[PDB]
Chemist: 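Lab note: salicylic acid/Salicylate hydroxylase complex loaded, questions to follow.
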Amino acid sequence: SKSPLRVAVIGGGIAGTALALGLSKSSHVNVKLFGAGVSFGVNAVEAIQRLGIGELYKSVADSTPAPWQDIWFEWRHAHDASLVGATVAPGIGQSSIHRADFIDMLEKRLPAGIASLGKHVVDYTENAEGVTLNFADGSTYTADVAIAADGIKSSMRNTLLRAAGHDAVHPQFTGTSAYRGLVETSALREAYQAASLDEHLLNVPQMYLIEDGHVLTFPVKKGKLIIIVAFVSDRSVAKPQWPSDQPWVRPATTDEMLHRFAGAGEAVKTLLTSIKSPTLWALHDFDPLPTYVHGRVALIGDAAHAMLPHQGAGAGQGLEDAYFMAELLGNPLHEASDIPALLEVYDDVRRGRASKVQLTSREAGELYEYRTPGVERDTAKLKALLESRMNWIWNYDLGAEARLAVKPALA
Ligand SMILES: O=C(O)c1ccccc1O
């Protein structure tokens with residue numbers, strides 16, 4: 001060991017917090033760490049299981065009461081609530097957790113010494129022997145390797161991209177906004193009963209499709225609350241804008257929603273009407289980056305590949321980043337002078353998949369809203385694409401990917 005590997009992780013937010021937990025174990029590594037609700041698919045599982053939290057997650061996270069627990073979503077048309085199809089993810093189904101609670105349960109299993117609160121980074125500089133963080137603090141830290149997990153607005157992203165000779169990249173408003181509510185299930189069963197509606201729609205997660213919008217629901221608190229997220233999209237401007245400075249969240253009225261879902265049937269309308277105080281969220285992402293790495297620094301999580309939530313996939317990609325990165329650093333063979341090269345390996349393994357996840361989250365946005373060329377609102381073709389489209393994401397083998405986390409070959 002003599003000199004262990006010095007690794008800084010910037011951003012205390014799931015990807016970061018989990019890469020630190022990832023690295024913790026290694027002992028020959030020295031590591032320090034500088035929607036108000038989330039979803040996890042089948043491919044997150046292997047990652048969570050790994051980082052030693054299956055057990056705990058599996059208890060704290062919401063799930064759809066049995067036996068409906070394996071259903072990801074039932075897909076329906078908004079206008080009459082009729083069925084288009086269903087995506088089943090056996091085992092996981094609709095799995096979700098309050099963000100606060102997830103992060104927290106990571107960082108509270110994190111052997112003391114690693115968390116390093118006050119500091120956020122404005123800048124960094126590097127030699128080839130050193131990468132040095134500039135805290136606002138006015139102070140500094142220096143390491144062999146720095147992994148930026150500082151989210152969609154990442155400072156570090158654009159230091160890196162400018163260093164690597166690429167244009168900077170900022171959050172782009174997607175044109176889509178989300179009204180979100182949380183509703184007492186009993187209250188809605190009453191309403192549903194009152195209007196002769198199928199009460200199945202409240203027990204199993206649903207997505208209702210309409211032109212330029214969609215509404216999803218899923219039960220939480222073992223069935224007693226319903227999460228409702230009503231998505232609306234304007235595709236008039238070819239590149240839409242959010243007010244120079246509003247925050248990305250604000251409150252909104254129950255009629256500002258209903259106005260956008262005028263074409264929907266009474267199932268959807270009842271759901272929309274049950275939300276008394278809807279918040280609205282402006283959804284941002286960015287185009288895939290030309291690289292995630294330069295020198296001794298690498299981007300993970302939303303800082304690398306922020307995305308629309310339409311495939312419930314963003315966190316999971318952060319977790320796959322984290323897992324692979326833990327395995328890559330933290331492999332006793334690997335040392336300071338390997339870092340530039342090993343990071344460019346991370347890039348080769350991960351950039352493609354995550355970029356393609358970003359893009360297919362935009363594509364899902366359009367599919368759910370009757371905009372996919374070749375498909376639009378056609379029931380049979382919608383069915384076929386919905387029922388297969390998550391596979392390449394879900395059915396990925398993290399184990400095998402880990403085997404690629406190794407110094408090159410030269411041979
Ligand atoms: O839980 C969510 O907010 C979500 C949003 C879009 C698509 C799938 C999802 O689980």
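Just so you know, residue 1 is the first one in the sequence shown, and it goes up from there. In listed order, ligands and their atoms are each counted from 1.
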Chemist: Hey, does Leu216 sit under 4.0 Å from salicylic acid if you only count heavy atoms?
Modeler: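 Yes, that is the case, since the closest heavy atom of the residue is under 4.0 Å from the ligand.
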Chemist: Within a distance under 4.0 Å of any heavy atom of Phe218, pick out the atoms of salicylic acid and give their elements.
Modeler: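 What qualifies from salicylic acid is 1 (O).
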Chemist: Just jot down the salicylic acid atoms closer than 4.0 angstrom to any heavy atom of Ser39, in number order.
Modeler: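 Those qualifying, in numeric order: 1 (O), 10 (O).
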Chemist: Should you measure from each heavy atom of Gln94, which atoms of salicylic acid turn up under 4.0 Å away?
Modeler: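 Heavy-atom distances to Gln94 below 4.0 Å select 10 (O).
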Chemist: Name the closest protein heavy atom to atom 7 (C) of salicylic acid, giving the residue it belongs to and the distance to 0.1 Å.
Modeler: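 Going by distance alone, atom 7 (C) of salicylic acid is nearest to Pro309 O, 3.0 Å.
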Chemist: Please report which non-hydrogen protein atom sits nearest to atom 3 (O) of salicylic acid, along with the residue it belongs to and the distance in Å to one decimal place.
Modeler: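 Going by distance alone, atom 3 (O) of salicylic acid is nearest to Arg180 NH2, 4.3 Å.
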Chemist: Define the binding site of salicylic acid with a non-hydrogen cut-off of 4.0 Å.
Modeler: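 Heavy-atom neighbours of salicylic acid: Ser39, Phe73, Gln94, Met207, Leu216, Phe218, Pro309, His310, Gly312.
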